[PDB]
**Q** 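Here it is: the structure, laid out below.
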Amino acid sequence: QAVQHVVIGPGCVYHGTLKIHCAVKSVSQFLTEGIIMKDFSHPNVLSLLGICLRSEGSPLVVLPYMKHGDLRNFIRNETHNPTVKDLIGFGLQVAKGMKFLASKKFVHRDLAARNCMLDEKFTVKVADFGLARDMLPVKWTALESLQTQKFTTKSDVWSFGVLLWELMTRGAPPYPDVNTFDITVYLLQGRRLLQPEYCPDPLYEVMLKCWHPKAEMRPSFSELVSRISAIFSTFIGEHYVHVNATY
Ligand SMILES: O=C(NCCN1CCOCC1)Nc1nc2ccc(Sc3nnc4ccc(-c5ccc(F)cc5)nn34)cc2s1
């Protein structure tokens with residue numbers, strides 16, 4: 001009876017109706033996960049509409065349809081014309097979504113532009129969590145977490161810095177000439193992702209702070225929302241961001 005308000009009625013995802021447009025994904029823990037995921041509610045977090053075990057379901061996770069799909073594909077699309085302002089605004093929304101999740105003691109572990117969705121208002125939702133979770137991810141993972149398989153909000157912060165880099169390169173693969181088994185050795189040489197051409201200096205400083213070698217010295221998502229909202233406020237949407245030819 002704790003899962004009833006999560007329940008609705010009369011793998012991979014497919015379309016769906018109720019009208020409201022949705023995405024439908026396809027036993028005690030499933031009903032538990034419904035209730036927990038149902039408790040997360042923030043404009044920059046993908047909400048669960050409800051679940052279907054009936055009858056028998058499969059089961060079925062029903063999520064709001066995101067008109068514009070994943071953030072990575074959206075910024076990569078050559079027919080899109082984002083400004084510095086737009087891209088930073090997307091980063092600011094992810095940071096707000098993560099500040100909420102961190103407040104709920106939730107550790108994402110797979111924060112990446114591919115795992116964020118965009119609705120018809122271009123509101124960014126952090127997704128790929130709860131029932132909707134699916135597939136290492138080496139290139140987004142904090143150094144300590146690669147080394148110890150332990151994940152924290154401070155390791156999400158490192159991931160968020162890589163996501164900002166994605167944003168500012170319009171979806172370039174991070175560390176392209178680097179193979180995933182070798183990323184630990186590469187970083188321990190004293191290396192970070194390079195400053196994208198259309199990345200403002202203060203935002204590259206923010207990325208570098210997100211990648212601080214001491215997890216405790218990284219900014220919280222709350223300090224990131226504050227810092228990024230200030231940077232965002234200085235732009236007016238006159239700087240068009242192009243794609244690098246090498247990526
Ligand atoms: O795809 C669209 N819109 C069409 C976008 N088009 C594409 C063609 O270009 C024109 C614009 N809406 C959708 N809403 C939803 C709502 C929920 C879910 S499941 C889920 N839960 N967490 C995550 C996290 C990531 C992914 C994911 C990753 C890579 C991808 F590639 C696609 C989706 N899924 N995911 C799927 C969809 S898909």
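The chain is numbered in sequence order, starting from 1. Each ligand, and each atom within it, is numbered from 1 in the order the structure gives. Quick check of the header: X-ray crystallography, 2.2 Å.
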**Q** Which compound, drug or drug candidate, is present at ligand 1?
**A** SAR125844
**Q** What would the PDB entry call the macromolecule that lies against SAR125844 with the most contacts here?
**A** Hepatocyte growth factor receptor
**Q** Do any N/O atoms on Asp128 end up under 3.5 angstrom from N/O atoms on SAR125844?
**A** yes
**Q** Which atoms from SAR125844 have a heavy atom of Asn73 less than 4.0 Å away?
**A** 31 (F)
**Q** If you count the atoms of SAR125844 from 1 in the order shown, which ones are under 4.0 Å from a heavy atom of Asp70?
**A** 29 (C), 30 (C), 31 (F)
**Q** Within SAR125844, which atoms have a heavy atom of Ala23 less than 4.0 Å away?
**A** 15 (C), 16 (C), 17 (C)
**Q** Does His68, backbone or side chain, put an N or O under 3.5 Å from an N or O of SAR125844?
**A** no
**Q** Taking a cutoff of less than 4.0 Å between a non-hydrogen atom of the residue and any ligand atom, is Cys22 in contact with SAR125844?
**A** no
**Q** Got a sec? Which UniProt domain of chain A does most of the touching around SAR125844?
**A** Protein kinase
**Q** Considering the heavy atoms of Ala132, write down every atom of SAR125844 situated less than 4.0 Å from one of them.
**A** 21 (N), 22 (N)
**Q** Pairs of nitrogen or oxygen atoms closer than 3.5 Å, one from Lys67 and one from SAR125844: do any exist?
**A** yes
**Q** So, looking at chain A, which UniProt active-site residue gets closest to SAR125844? And what's the heavy-atom distance, to 1 Å?
**A** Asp110, 8 Å
**Q** State if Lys25 counts as touching SAR125844 under the rule of any non-hydrogen atom under 4.0 Å.
**A** no
**Q** Quick one: which of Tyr14, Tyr65, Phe74 has a heavy atom closest to atom 4 (C) of SAR125844?
**A** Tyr65
**Q** Heavy-atom contacts with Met117 under 4.0 Å: which atoms of SAR125844 show up? List them by number with element.
**A** 24 (C), 25 (C), 26 (C), 27 (C)
**Q** Report yes if some N/O of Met66 lies less than 3.5 Å from some N/O of SAR125844; otherwise report no.
**A** yes
**Q** For SAR125844, which atoms, with element, lie under 4.0 Å from some heavy atom of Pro64?
**A** 16 (C)
**Q** What are the neighbouring residues of SAR125844 within 4.0 Å, counting only heavy atoms?
**A** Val13, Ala23, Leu63, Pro64, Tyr65, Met66, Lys67, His68, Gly69, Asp70, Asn73, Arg114, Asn115, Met117, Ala127, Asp128, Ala132
